[PDB]
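Here's the structure we're looking at; comments come further down.
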Amino acid sequence: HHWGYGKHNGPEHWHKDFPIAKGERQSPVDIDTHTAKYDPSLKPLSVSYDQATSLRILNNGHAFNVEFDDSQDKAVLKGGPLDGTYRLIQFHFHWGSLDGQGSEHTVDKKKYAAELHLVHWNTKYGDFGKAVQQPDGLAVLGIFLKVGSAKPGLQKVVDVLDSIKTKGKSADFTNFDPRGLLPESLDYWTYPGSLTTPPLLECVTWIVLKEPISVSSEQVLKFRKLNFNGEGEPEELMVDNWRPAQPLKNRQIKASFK
Ligand SMILES: NS(=O)(=O)NCCNc1nonc1/C(=N\O)Nc1ccc(F)c(Br)c1
Ligand SMILES: [Zn+2]
């Protein structure tokens, strides 16, 4: 009986195995745009993905992860609210059963159809496992998805999902360029938070982009054909794999823009 997004093992149950679920810097949160304060001391975000080396795509039973070679500074996030260099390790999405839900973060209570998370770890801690034990161990770049025009840079991901339908399935996924998933603007909100999945560790600097990307209905429909279950088990569609907004508590959300 391990954690998931069902009625019996979903977000409301996670605290029983992971008491930090009720902690002081949990994610996601609602971003109240009028309460977020412009911070002129925040630098522009530096996203350097030109030498990114994707390796594999994996259905892990909760989402699909596109994994990168993080043994050298190849794809890094710097600047913004961050001190030092954060290396890209993987990206994944959260999405809904319907277009009106799916994102984890919300904006004035608005839910987007999905949310892309690019996960980076602080290279002063040597490896990801050590980084997640630190309050500034990770930086996650969050990008909202709305349904409209297709995202050309997403299609290579969409096309391979048939080969990783069920939990535990992986496929080679080389030469994917994550720059094709970014919006025009890198204006962002930032706050200190946590992993949004167990173990819910409070190790993340969240950087959530203001501008959503647009994906087609057909693209998100293919996300919804994935399975939570393993091969040869009863089919449970991988949908609504998002944690709802958590209490902001003693935190301020800062904006990079006016
Ligand atoms: N929505 S979220 O907070 O970004 N979810 C994070 C998903 N997991 C990962 N993302 O990028 N690498 C991940 C990954 N290992 O590298 N899983 C993972 C998750 C928690 C842990 F404590 C350890 Br150790 C590993
Ligand atoms: Zn995530």
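We number each residue from 1, following the sequence as shown. In each ligand, atom 1 is the first atom listed, and ligand 1 is the first ligand listed. Scope of the values below: all heavy atoms of this structure, side chains included, with no hydrogens, waters or symmetry mates.
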Find the chain in most contact with ligand 1 and give its name from the PDB entry. Carbonic anhydrase 2
Name of the drug or drug candidate at ligand 1? epacadostat
Heavy atoms under 4.0 Å from epacadostat (ligand 1): which residues of other chains qualify? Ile89, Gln90, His92, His94, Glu104, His117, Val119, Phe128, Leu195, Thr196, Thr197, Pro199, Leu201
Identify, by atom number and element, the atoms of epacadostat (ligand 1) in contact range of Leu201, meaning under 4.0 Å from any of its heavy atoms. 22 (F)
Please state which substrate-binding residues recorded by UniProt for chain A are within 4.0 Å of epacadostat (ligand 1) (heavy atoms only). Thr196, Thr197
Using a heavy-atom cut-off of 4.0 Å, name the UniProt Zn(2+)-binding residues of chain A that are that close to epacadostat (ligand 1). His92, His94, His117
UniProt domain count leader: chain A with epacadostat (ligand 1): Alpha-carbonic anhydrase
Identity and separation of the nearest protein heavy atom to atom 9 (C) of epacadostat (ligand 1): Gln90 NE2, 3.3 Å
Any chance you can find the covalent attachment site for epacadostat (ligand 1)? Residue and atom would be great. none
Show the atoms of epacadostat (ligand 1) that are less than 4.0 angstrom away from any heavy atom in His94. 1 (N)
I need the closest UniProt active-site residue in chain A to epacadostat (ligand 1), with the non-hydrogen distance rounded to 1 Å - can you help? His62, 8 Å
Give the other ligands or ions lying under 4.0 Å from epacadostat (ligand 1), by number and name. ligand 2 (zinc ion)
Protein contact to atom 5 (N) of epacadostat (ligand 1) [nearest heavy atom, distance to 0.1 Å]: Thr197 OG1, 3.3 Å
For atom 4 (O) of epacadostat (ligand 1), what is the nearest protein heavy atom, given as residue, atom name and distance? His92 CE1, 3.2 Å
Between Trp206 and epacadostat (ligand 1), does any nitrogen or oxygen pair lie at a separation below 3.5 Å? no
Do me a favour and list the nearest non-hydrogen protein atom to atom 1 (N) of epacadostat (ligand 1) with residue, atom name and distance? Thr196 OG1, 2.7 Å
Before signing off on this row, confirm whether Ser194 and epacadostat (ligand 1) have an N or O atom pair separated by under 3.5 Å. no
In terms of residue, atom name and distance, what is the protein heavy atom nearest to atom 25 (C) of epacadostat (ligand 1)? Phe128 CE2, 3.4 Å
Identify the closest protein heavy atom to atom 21 (C) of epacadostat (ligand 1): which residue and atom is it, and at what distance? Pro199 CD, 4.0 Å
